[PDB]
Amino acid sequence: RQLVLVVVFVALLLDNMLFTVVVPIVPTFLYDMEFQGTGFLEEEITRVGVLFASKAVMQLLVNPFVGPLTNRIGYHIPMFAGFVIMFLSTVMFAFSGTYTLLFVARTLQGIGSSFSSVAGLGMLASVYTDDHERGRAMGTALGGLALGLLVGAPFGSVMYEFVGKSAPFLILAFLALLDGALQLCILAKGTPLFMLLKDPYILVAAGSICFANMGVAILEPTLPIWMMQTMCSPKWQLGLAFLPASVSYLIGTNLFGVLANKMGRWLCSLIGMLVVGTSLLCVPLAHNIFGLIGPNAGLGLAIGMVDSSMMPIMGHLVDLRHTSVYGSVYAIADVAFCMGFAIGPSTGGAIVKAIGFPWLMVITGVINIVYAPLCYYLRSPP
Amino acid sequence: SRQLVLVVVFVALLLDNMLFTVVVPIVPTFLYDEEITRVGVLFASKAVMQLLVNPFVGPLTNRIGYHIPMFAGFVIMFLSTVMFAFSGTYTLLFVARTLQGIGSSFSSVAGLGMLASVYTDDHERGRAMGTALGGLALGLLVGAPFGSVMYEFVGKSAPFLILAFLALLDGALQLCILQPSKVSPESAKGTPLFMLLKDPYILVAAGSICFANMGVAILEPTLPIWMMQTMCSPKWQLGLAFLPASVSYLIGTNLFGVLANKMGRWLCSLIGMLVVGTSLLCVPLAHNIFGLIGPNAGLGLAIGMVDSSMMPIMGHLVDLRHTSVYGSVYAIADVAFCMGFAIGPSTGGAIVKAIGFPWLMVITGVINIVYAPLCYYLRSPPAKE
Ligand SMILES: COC(=O)[C@H]1[C@H]2C[C@@H]3c4[nH]c5cc(OC)ccc5c4CCN3C[C@H]2C[C@@H](OC(=O)c2cc(OC)c(OC)c(OC)c2)[C@@H]1OC
Ligand SMILES: NCCc1ccc(O)c(O)c1
């Protein structure tokens, strides 16, 4: 039972590290091939946004098909697919030389990520039947996701200007190959998601999570381009500037998971959304790298507060009114992240092409601040 | 000197706002020997008419200076206190409030104008107005229990006589330092008032102060009626309920008058809006008296933050674009103050009977929260050509 936990942790870690490691490398890779430096990425922001939203679009498309596929052919065969398609994606990323190959790698990564996320969690649920170690296993997997998010950003940024461009992808490929060998030596219906989104409260919670995550979603594809255009930071600090967004996130989720039950979940979500908006407003004001330490850390702490205050309310709402499954909250919450990462990067390129960069953060801040009073609905649902 | 001028404004706002809260626990008790509406409109008389006199006081200060309007405010305040000490009828307890409102408008406009004129540096100007607002908070905090104990032990005419004596001391001080004996016209021709509402930044700041003061002022006349309906609390706790609001307002204005220049005016006003909105949202959820300590303290801190942030910003904008005459913009700010304090008490019971107190708090918090993002516009207004 420990081996399956190890392989699931490794797979989620690899997926999160790949997702975080593409962000430092793609803008600098595009800039290096064509020609601090000259500014011409304003035309390419829209294609960068489409490339970043490709994985979210593919995951949303392939999500409902993965459901009944596992019942027919078990869980090992589609879990085996995630490792191999992630291998093809990480191999294509290292050897990609044109924009078209990166798109194929992104969609292939999205398909593999969806398959692995369904299959590994299903295998974890099937393996543990004691009704108490399942929660610990899920918490360990989520901590692995957090660790991958923490460690992915310094990976590519540090080892692009130092040890080459293809270096950070073959290490991930070797790690994925290690995961495949580990899993190779191996061995109640719940109101479906299409009907769970028909009540106002769960929809409000999902919208709150999506609008909280949309700030980071629009911060990812457009921040390095702004950095090279304005602050003249070196190429090894673009991924260094995103450490607070994960460190403060983990600190906030720990602290507010400990202390949100006493002072109210909806109040925690409200203040988290409000400081998300304030941090997004304060982000475009910095004129150096050190100016981003404050607003980014605040945004990460706020998003951690919002998640820690919104997941238990979603679980309670699903349990009280509908029938819950072991991973019921996973489906609704994953759709919020998927919808955010699908609508953020795509619309952000057009927004930054039409108007300036800071207006996007102003728009997102007013959107978060406006949606924040809507959290009054969630206190004591009937 | 420039230090004694702030001493006069500190005493002037201390006594003028002292008369505002002293009449609260002595006036309704006297008339008892539909009644709520009659008592309610008596309290709102000062707020209703100080709005009207304000547009005639702003431009008037350009041609005669600041000393004479504040001396006139002292004279009218003394007349109001002597009328309060003797009158014992509803019809005579109305012209006194009229005179109190007129004197309050004169004193507030003249004091803020002179504080803006003497204190030129923005960072230095951000502390004098903070200490003036702290003095106003001190007056509003100390007015009610003083009048209550004076009526309880010595009688009705005693506290108004003591206020008259303190007003005479303040007038002697004003004659000592300010020297209100001649009319001095300002050399610079100030901009007309009807052009100062044609720019968005002054309108945004005025709306900020107005919305924060609505959020504070609507709660006072409506809170005890809801408390007696749901909480079932004794009479003496009604005055103690709003003590944390005044204490937190004083502490917040004193601290953020220093902190506003360092941390930022727009961020301070923004956070004050969010704090006051969340406090108004969380107010109607308490099930006992102890549950109102937190939200009320946060509400008072938010009011102090908004007031301290938006006081020097008006003079900052006027210096940035228009000519250096500060009477009109602070007249607009006092208009926002008084209109917020006037709309509340006269219509609070009607709105509570119409839609309900919790819904009213929900709308007020929602308007404050939505108007909070609009304070980003005052980050850096462009200057004049
Ligand atoms: C990227 O990959 C993700 O998408 C993860 C994160 C998304 C987002 C993010 N991206 C960044 C990229 C950066 O570099 C540029 C820097 C900072 C950030 C931040 C800071 C903010 N941050 C939040 C991250 C959250 C992760 O998801 C969960 O941890 C989770 C938790 C749960 O409860 C405990 C769940 O319920 C059981 C659950 O299932 C639905 C999932 C989420 O998916 C796995
Ligand atoms: N601008 C006044 C703000 C205020 C704060 C506390 C009070 O009790 C009050 O009556 C008024």
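Note on naming: letters A, B, ... go to the chains in the order of the sequence lines (proteins, then strands), and numbering restarts at 1 for each one. Read the numbers this way: they start at 1 and go in the same order the structure lists the ligands and their atoms. If you're wondering, the header gives electron microscopy, 3.4 Å.
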Enquirer: Give the name, as used in the PDB entry, of the chain with the most heavy-atom contacts to ligand 1.
Expert: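 By contact count, the main one is Chromaffin granule amine transporter.
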Enquirer: Just wondering what drug sits at ligand 1.
Expert: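 It's reserpine.
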Enquirer: Return the other chains, by letter, having a non-hydrogen atom closer than 4.0 Å to reserpine.
Expert: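 Chains with a heavy atom that near reserpine: A.
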Enquirer: Which residues, given by chain and number, make up the 4.0 Å heavy-atom shell around reserpine?
Expert: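 At that heavy-atom cut-off, the site is A:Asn16, A:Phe19, A:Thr20, A:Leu142, A:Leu145, A:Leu149, A:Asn213, A:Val216, A:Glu220, A:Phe242, A:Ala245, A:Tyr249, A:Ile303, A:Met311, A:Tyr330, A:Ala333, A:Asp334, A:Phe341.
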Enquirer: Note all other ligands and ions lying below 4.0 Å from reserpine.
Expert: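 There are none.
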Enquirer: Write down the organism the PDB entry assigns to chain A.
Expert: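 The entry lists the organism as Homo sapiens.
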Enquirer: Where does the entry attach reserpine by a covalent bond, in terms of residue name, number and atom?
Expert: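 In this entry no covalent bond is modeled.
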Enquirer: Do any UniProt-annotated transmembrane segments of chain A have a heavy atom less than 4.0 Å from reserpine, and if so, which ones, counted from the N terminus?
Expert: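 With UniProt numbering and heavy atoms: 1, 5, 7, 8, 10, 11.
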